[PDB]
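By the numbers in the PDB entry, the shown part of chain A spans 35-305. Both ligands and their constituent atoms are indexed starting at 1 by order of listing. How was it done? The header gives X-ray crystallography, 1.5 Å. Atoms considered below: every heavy atom in the structure, side chains included; atoms not considered: hydrogens, waters and symmetry mates.
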Amino acid sequence: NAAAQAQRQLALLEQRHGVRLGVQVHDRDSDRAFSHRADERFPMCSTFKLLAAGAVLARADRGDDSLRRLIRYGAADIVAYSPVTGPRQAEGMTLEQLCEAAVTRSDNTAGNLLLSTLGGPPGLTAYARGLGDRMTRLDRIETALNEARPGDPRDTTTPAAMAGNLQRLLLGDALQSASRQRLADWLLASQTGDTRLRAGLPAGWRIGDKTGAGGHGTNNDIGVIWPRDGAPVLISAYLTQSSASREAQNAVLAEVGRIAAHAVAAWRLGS
Ligand SMILES: *C(=O)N1C[C@H](NOS(=O)(=O)O)CC[C@H]1C(N)=O
């Protein structure tokens, strides 16, 4: 029973690190799933940028906005961890450049600029509702949204709700084909999760992921795994309440990646 074994492995991993760990995995090949705390709330932190890019792409699909539109912004708009938008402030950036900066590089000002085209955090929440997600809510902008206070509903998702969004966006009909590919490309080009889920994957497997990190020992990684020989796999991993270093948190997420990859391989072999 690969799903039961994966869930036991997650429970042991969570306990030995003193964290609260939320995971949802769904293999599109076997259609099998496993989870831990999949319906509990966790802070999104930078992972909201996946949804913000999805909402911008959906607007582009409908003609409600354009990826080629030039967005101007000021030095006053720059927030921490904005390595792309900061240097380009005087010239501005197009919406597609901002989507890429937010998703591939986790650029915080880029995330805020995307939100400014969507109606702010309320618009991102409305977008999640339109995807059938009744749990996710964004309430603050960068970097206030990273507070990650236990019990606080603001700026949270659930592992299952976010996995559902990943399915609709990357594998379902929430985006047209060209936009689906753009989002996959931005996720697959990211390096920010090299020591997180990706570090746990077998050679020849790929992940297009969106990382995040916040207060109260919060560290997240969500995305789509494309295995060496299998259909895609949805994965959402939210870790919080760690008292350990960032590197130690990253290693827990790498182990989640190993647990997930083994379950997928076992389903494929019929183990
Ligand atoms: C996202 O959660 N953030 C943006 C940036 N990149 O880290 S990530 O790759 O884990 O997303 C710094 C951490 C965090 C933030 N403080 O906004």
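As for ligand 1, the drug there is avibactam (bound form). Here the macromolecule bound to avibactam (bound form) with the most contacts is known in the PDB entry as class A Beta-lactamase, PenP superfamily.
Remark: minimum distance from atom 4 (C) of avibactam (bound form) to any protein heavy atom is reached at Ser80 OG, 2.7 Å. From the protein, the heavy atom lying nearest to atom 17 (O) of avibactam (bound form) is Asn142 ND2, 2.9 Å. Less than 4.0 angstrom separates some heavy atom of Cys79 from each of these atoms of avibactam (bound form): 2 (O). Of all the atoms in avibactam (bound form), the ones that sit under 4.0 Å from a non-hydrogen atom of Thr226 are 9 (O). Scanning all protein heavy atoms for the shortest distance to atom 8 (S) of avibactam (bound form) gives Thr245 OG1, 3.5 Å.
Here's the thing with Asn180: one of its N/O atoms is less than 3.5 angstrom from an N/O atom of avibactam (bound form). Taking a cut-off of under 4.0 Å to the non-hydrogen atoms of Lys244, the atoms of avibactam (bound form) that pass are 11 (O).
Bonding summary for avibactam (bound form): covalent, to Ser80 OG. For atom 7 (O) of avibactam (bound form), the closest non-hydrogen atom on the protein side is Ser140 OG, 4.1 Å. Against a heavy-atom cut-off of under 4.0 Å, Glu176 is close to the following atoms of avibactam (bound form): 17 (O).
Set against the non-hydrogen atoms of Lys83, the atoms of avibactam (bound form) under 4.0 Å away are 4 (C). Distances from avibactam (bound form) to the non-hydrogen atoms of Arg230 include at least one value under 4.0 Å. Shortest contact from atom 14 (C) of avibactam (bound form) to any protein heavy atom: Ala247 O, 3.3 Å. By chain and number, the binding site of avibactam (bound form) at a non-hydrogen cut-off of 4.0 Å is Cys79, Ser80, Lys83, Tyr115, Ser140, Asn142, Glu176, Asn180, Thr226, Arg230, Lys244, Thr245, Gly246, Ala247.
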